[PDB]
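Here is the structure we will look at.
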Amino acid sequence: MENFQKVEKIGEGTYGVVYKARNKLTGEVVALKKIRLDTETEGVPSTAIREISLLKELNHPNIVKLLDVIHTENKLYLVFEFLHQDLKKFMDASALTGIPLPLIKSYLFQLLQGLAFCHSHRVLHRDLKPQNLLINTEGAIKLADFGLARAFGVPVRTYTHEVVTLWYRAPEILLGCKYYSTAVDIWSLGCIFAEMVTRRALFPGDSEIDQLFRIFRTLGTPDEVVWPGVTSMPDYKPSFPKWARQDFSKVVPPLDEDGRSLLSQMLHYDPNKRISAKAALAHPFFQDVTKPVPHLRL
Ligand SMILES: CCc1cnn2c(NCc3ccc[n+](O)c3)cc(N3CCCC[C@H]3CCO)nc12
């Protein structure tokens, strides 16, 4: 568009480049995502247009606001509210000392509120990761890109050939389950929670089988006892090695007993057993939750 001065490139997202831009008629500063398609084919599938446009109504204080969905030329632009930092960069910048535990708790509590809202409206994210959790100077954290995965799919590589990360992917997806449920987002958020606390990714796989086997090495190879139906999933192999489950006290120290209990429920293998966002908000871990302001150096 010529509707925007394009103040900088913010980064490269799953589907295309993301810019910080100023709207000239409002003076508003926004984030613009350029999403394309191989022009020749389907194009923008008109079906992605309708369901993405529906996301303009999915508003909550912990969901990054989708301001507009512009279909023009053969390009789809999503105009979003702008936030000043993403959690991946904030975690990297906090490597030395760690994000303080009360800020970690606040962020998790706010993220669960955004999931509970979206889930109650039957919208899933499916590709939660630190890069798409955005924060501001006032202590808020918001989820970006809810609903897009349903619309475009999740590719192996991005538009610029970068590898899409598998680290936060739920085991039912890796085992080939066709139908995602809201439990996939709870798994991803559990993995992000553990990474905030320990300052290392919980399961940093570099292929689908490395990702699955990292999960099995820590939580034990799932069986029919812990996950009824697992041996029948499309990508399950009877030849998977049989690892014993480790103890949580070893996986996320120094998390206290409430935190470890909650994380265990967010990482249950059976998606039917995995805690819901609503139920997680009532867990005793959040009894003393507060809303601290982070040190942001913009
Ligand atoms: C929803 C669009 C949006 C709004 N703000 N924002 C931010 N703001 C933080 C920030 C700002 C200025 C420079 N840096 O480095 C970080 C980052 C971000 N993204 C992270 C990086 C890859 C692109 C992309 C993915 C997730 O939308 N997307 C957005």
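Residues: numbered from 1 along the sequence shown. Just so you know, ligand 1 is whichever comes first in the structure, and atom 1 is the first atom listed for that ligand.
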Exercise. Which drug molecule is found at ligand 1 in this structure?
Worked result: dinaciclib
Exercise. If you rank chains by contacts with dinaciclib, which one has the most, by name in UniProt?
Worked result: Cyclin-dependent kinase 2
For this session: Identify the binding-site residues of dinaciclib at 4.0 Å, heavy atoms only.
Result: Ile10, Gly11, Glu12, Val18, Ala31, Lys33, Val64, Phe80, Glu81, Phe82, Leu83, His84, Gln85, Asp86, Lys89, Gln131, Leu134, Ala144
Problem set entry | Which residue and heavy atom of the protein sit nearest atom 29 (C) of dinaciclib, plus the separation | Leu134 CD1, 3.5 Å
Exercise. Measured between heavy atoms, which UniProt-annotated ATP-binding residues of chain A are under 4.0 Å from dinaciclib?
Worked result: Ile10, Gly11, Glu12, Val18, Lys33, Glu81, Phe82, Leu83, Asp86, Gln131
For this session: Identify which UniProt domain of chain A contributes most contacts to dinaciclib.
Result: Protein kinase
For this session: Just jot down the dinaciclib atoms closer than 4.0 angstrom to any heavy atom of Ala31, in number order.
Result: 2 (C), 3 (C), 4 (C)
For this session: Give the residue and atom name of whichever protein heavy atom lies nearest to atom 27 (O) of dinaciclib, and the separation in Å to one decimal.
Result: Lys33 NZ, 2.6 Å
For this session: List the closest protein heavy-atom neighbour of atom 21 (C) of dinaciclib: residue, atom name, distance to the nearest 0.1 Å.
Result: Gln131 CG, 3.7 Å
Problem set entry | Which of the dinaciclib atoms, numbered from 1, are nearer than 4.0 Å to a heavy atom of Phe82 | 4 (C), 5 (N), 11 (C), 12 (C)
For this session: Check each atom of dinaciclib against the heavy atoms of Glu81 and keep those under 4.0 Å away; list them by number with element.
Result: 4 (C)
Exercise. Should you measure from each heavy atom of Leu83, which atoms of dinaciclib turn up under 4.0 Å away?
Worked result: 4 (C), 5 (N), 7 (C), 8 (N), 9 (C), 10 (C), 11 (C)
Exercise. Among protein heavy atoms, which lies nearest atom 28 (N) of dinaciclib, and at what distance?
Worked result: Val18 CG1, 3.9 Å
Exercise. Polar-atom distance check: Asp145 versus dinaciclib, any N or O pair below 3.5 Å?
Worked result: no
Exercise. Which Mg(2+)-binding residues that UniProt annotates in chain A are found with a heavy atom under 4.0 Å from dinaciclib?
Worked result: none
For this session: For atom 13 (C) of dinaciclib, find the nearest protein heavy atom and state the residue, atom name and distance (0.1 Å precision).
Result: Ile10 CG2, 4.0 Å
For this session: Could you list the atoms of dinaciclib found under 4.0 angstrom from a heavy atom of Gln85?
Result: 9 (C)
For this session: For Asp86, take its heavy atoms, then give the atoms of dinaciclib lying under 4.0 Å from any of them.
Result: 9 (C), 16 (C), 20 (C)
For this session: Using heavy atoms only, determine which UniProt active-site residue in chain A is nearest to dinaciclib and give the distance to 1 Å.
Result: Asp127, 9 Å
Please tabulate protein-ligand N/O pairs under 3.5 Å for dinaciclib, atom names and distances to 0.1 Å.
| from | atom 1 | to | atom 2 | distance (Å) |
| --- | --- | --- | --- | --- |
| dinaciclib | 5 (N) | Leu83 | N | 3.2 |
| dinaciclib | 8 (N) | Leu83 | O | 2.6 |
| dinaciclib | 15 (O) | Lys89 | NZ | 3.0 |
| dinaciclib | 27 (O) | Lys33 | NZ | 2.6 |

